[PDB]
Engineer: 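Entry of interest: Cytochrome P450 2B4 complexed with paroxetine.
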Amino acid sequence: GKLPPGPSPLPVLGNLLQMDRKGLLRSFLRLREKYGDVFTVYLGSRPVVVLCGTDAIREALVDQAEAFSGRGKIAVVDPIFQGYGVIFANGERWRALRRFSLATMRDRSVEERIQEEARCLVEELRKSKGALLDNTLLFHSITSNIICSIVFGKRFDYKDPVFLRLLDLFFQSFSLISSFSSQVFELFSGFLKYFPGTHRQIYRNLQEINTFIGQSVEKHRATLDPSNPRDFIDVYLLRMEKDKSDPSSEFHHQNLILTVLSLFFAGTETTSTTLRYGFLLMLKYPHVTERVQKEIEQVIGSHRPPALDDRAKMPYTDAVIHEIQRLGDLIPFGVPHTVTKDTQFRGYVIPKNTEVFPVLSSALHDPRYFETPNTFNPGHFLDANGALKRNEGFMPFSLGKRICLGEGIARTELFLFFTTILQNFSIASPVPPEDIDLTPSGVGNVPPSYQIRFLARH
Ligand code: HEM
Ligand SMILES: OC[C@H]1O[C@H](O[C@H]2[C@H](O)[C@@H](O)[C@H](OCCCCCC3CCCCC3)O[C@@H]2CO)[C@H](O)[C@@H](O)[C@@H]1O
Ligand SMILES: OC[C@H]1O[C@H](O[C@H]2[C@H](O)[C@@H](O)[C@H](OCCCCCC3CCCCC3)O[C@@H]2CO)[C@H](O)[C@@H](O)[C@@H]1O
Ligand SMILES: Fc1ccc([C@@H]2CCNC[C@H]2COc2ccc3c(c2)OCO3)cc1
């Protein structure tokens, strides 16, 4: 057995010279062209196995789900997470935190917090009276507020300057994490960590968030009612007490800080940018947005708030959302995995702990599953009867055991925010549809910034 084929590497520099300067995603797509769907690339001196196309990614993450369930490190944030918290934990630590986190958030429901946030957002947008605005901040705020409501048992006002201060420096961290400079850090951190760069700024920002999280933990502990836990932090503190006699237990303070940080880290920016991309497509394609508001009117009407049960009756809107996520492609080369043991895969052997990237973009644009993969097309998700249809290339949340933990919540946000906004508002912008440019990144693709008006309807 051996590793999947790929370009021969240099000793310190790995496959530096066979990389493309546009970044990792582009580097991977060009190599795929030369080497096939499964290949090995050296990021500095680390071998990394790259998976492209729906079928190879499913063969790994679904057909050998356990083998492929390891988590690989992200150099720019590892000095913060250091293998703690739900995202970056491995083995028994991960299993315990993932089990605990799923059970905890799945119990005012999440749906209800979302409808309340959407109600707050609409009330805020109305105050605009159709003024031009950049919706970036509002979309960061609504999605952060869903996580806040789950973890801290509260939401924050849109104009709260302390919320906004922390929000700003938190979201600044995402742009930085996505930059070319950080991508270079992913390859050569062993050297570059000794010099100034984005990694110090990412570190400082996230540590400052950890400080605030730590203060809210103290405050929760001081006011705790063990009979009536308020939120994720309360429930976790009760688990710490329950496990206090087990010194092997994963429920300690560091896992708590870093699990809370993980939920904001994974659950805010992807959701927010999906919404922002969505509204950019809805300005580019008024006929779609018109059909979505027609379906809203038929199913929901103009008086009551959308509810999640509405989605089953709204295949067209559901299909529009699927297509926004697909074309959005917000995590285009996945989040690194590792194999948890020596692994046979398509006739190659992948040694234990080798890093693997599932290149979700190449599934999202797979021409086997999407007739017009580069064109916005809700028909990709609709059958001949206009009913929603599952699509095997649709894996924006990934697949298998590491599948997005927040998938259910994120989809509920997407549905209720898109539909609650479009129920109450129509949209316009200074840029005619024809000149709207959808090209982003890209460790995470970021849409252009744009101006929009929300025009209150009857
Ligand atoms: C449109 C919005 C979202 C998208 C497309 C998305 C996508 C992803 C992806 C691609 C992964 C990597 C899975 C893998 O390792 O292969 C992931 C992991 C994760 N996601 Fe999401 N996400 C979104 C929103 C959220 C939200 C709202 C939450 C929490 C409320 C969240 C929580 C997490 C967590 C905690 C992990 C680590 C899972 C693990 O390692 O077991 N995500 N998500
Ligand atoms: O002088 C400071 C005053 O502000 C306080 O507000 C608290 C709030 O009660 C408290 O809920 C808040 O917690 C901050 C949690 C950190 C949130 C970080 C996330 C925010 C959303 C985006 C992702 C990151 O911190 C504030 C710190 O001040 C209290 O309102 C006052 O009692 C206090 O006197
Ligand atoms: O990590 C060290 C921290 O120690 C204290 O906080 C601890 C507390 O010392 C520690 O008591 C607490 O664990 C208790 C959590 C739930 C208490 C269980 C109770 C159940 C009812 C019967 C009494 C016990 O965890 C906190 C997490 O920080 C300090 O308050 C913090 O400032 C300090 O950061
Ligand atoms: F589990 C999760 C981990 C990281 C996220 C990030 C959250 C913010 N927006 C970008 C998401 C992906 O970021 C990555 C992707 C691959 C990488 C990378 C960083 O550096 C080199 O290889 C989301 C969920």
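Residue numbers count from 1 along this sequence. Going by what the header records, the deposited coordinates were determined by X-ray crystallography, 2.1 Å. Whatever order the structure lists them in is the order used to number ligands and atoms, beginning at 1.
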Engineer: Where do all copies of paroxetine turn up in this model?
Structural biologist: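 It maps to ligand 4.
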Engineer: Suppose we measure from atom 13 (O) of paroxetine to each protein heavy atom; which comes out shortest, and what is that distance?
Structural biologist: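 Result: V443 CG2, 3.5 Å.
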Engineer: Which protein non-hydrogen atom lies closest to atom 24 (C) of paroxetine, naming both residue and atom, and how far is it?
Structural biologist: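 Among all protein heavy atoms, the one nearest atom 24 (C) of paroxetine is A266 CB, 3.7 Å.
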Engineer: Going by the order shown, which atoms of paroxetine are within less than 4.0 Å of some heavy atom of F333?
Structural biologist: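 Per the distance check, 16 (C), 17 (C), 22 (O).
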Engineer: Can you report which non-hydrogen protein atom sits closest to atom 11 (C) of paroxetine, along with the distance?
Structural biologist: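 Protein heavy atom at minimum distance: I331 CG1, 4.2 Å.
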Engineer: Going by the atom numbers of paroxetine, which of them fall below 4.0 Å from some non-hydrogen atom of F174?
Structural biologist: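 Counting atoms of paroxetine from 1, those under 4.0 Å from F174 are 8 (C).
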Engineer: If the cut-off is 4.0 Å to any non-hydrogen atom of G334, which atoms of paroxetine fall inside it?
Structural biologist: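 This gives 15 (C), 16 (C) as the contact atoms.
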Engineer: What ions or other ligands lie within less than 4.0 Å of paroxetine?
Structural biologist: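 I count ligand 1 (protoporphyrin IX containing FE).
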Engineer: Looking only at protein heavy atoms, which one is nearest to atom 21 (C) of paroxetine, and how far off is it?
Structural biologist: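 Of the protein heavy atoms, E186 OE1, 3.5 Å lies nearest.
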Engineer: For paroxetine, which atoms sit closer than 4.0 Å to a heavy atom of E269?
Structural biologist: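 What qualifies from paroxetine is 8 (C), 9 (N).
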Engineer: For chain A, which UniProt heme-binding residues keep a heavy atom less than 4.0 Å from paroxetine?
Structural biologist: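 In chain A, UniProt ones with a heavy atom near paroxetine: none.
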Engineer: Counting heavy atoms only, which of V76, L330, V335, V86 comes nearest to atom 3 (C) of paroxetine?
Structural biologist: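 Checking each option, the heavy atom nearest atom 3 (C) of paroxetine is found in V335.
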Engineer: Just heavy atoms, cut-off under 4.0 Å: does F265 contact paroxetine by side chain, backbone, both, or neither?
Structural biologist: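 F265 to paroxetine: contacts from backbone and side chain alike.
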Engineer: Can you walk me through which residues contact paroxetine using 4.0 Å for heavy atoms?
Structural biologist: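 By heavy-atom distance, those would be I74, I87, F174, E186, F265, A266, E269, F333, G334, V335, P336, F357, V443.
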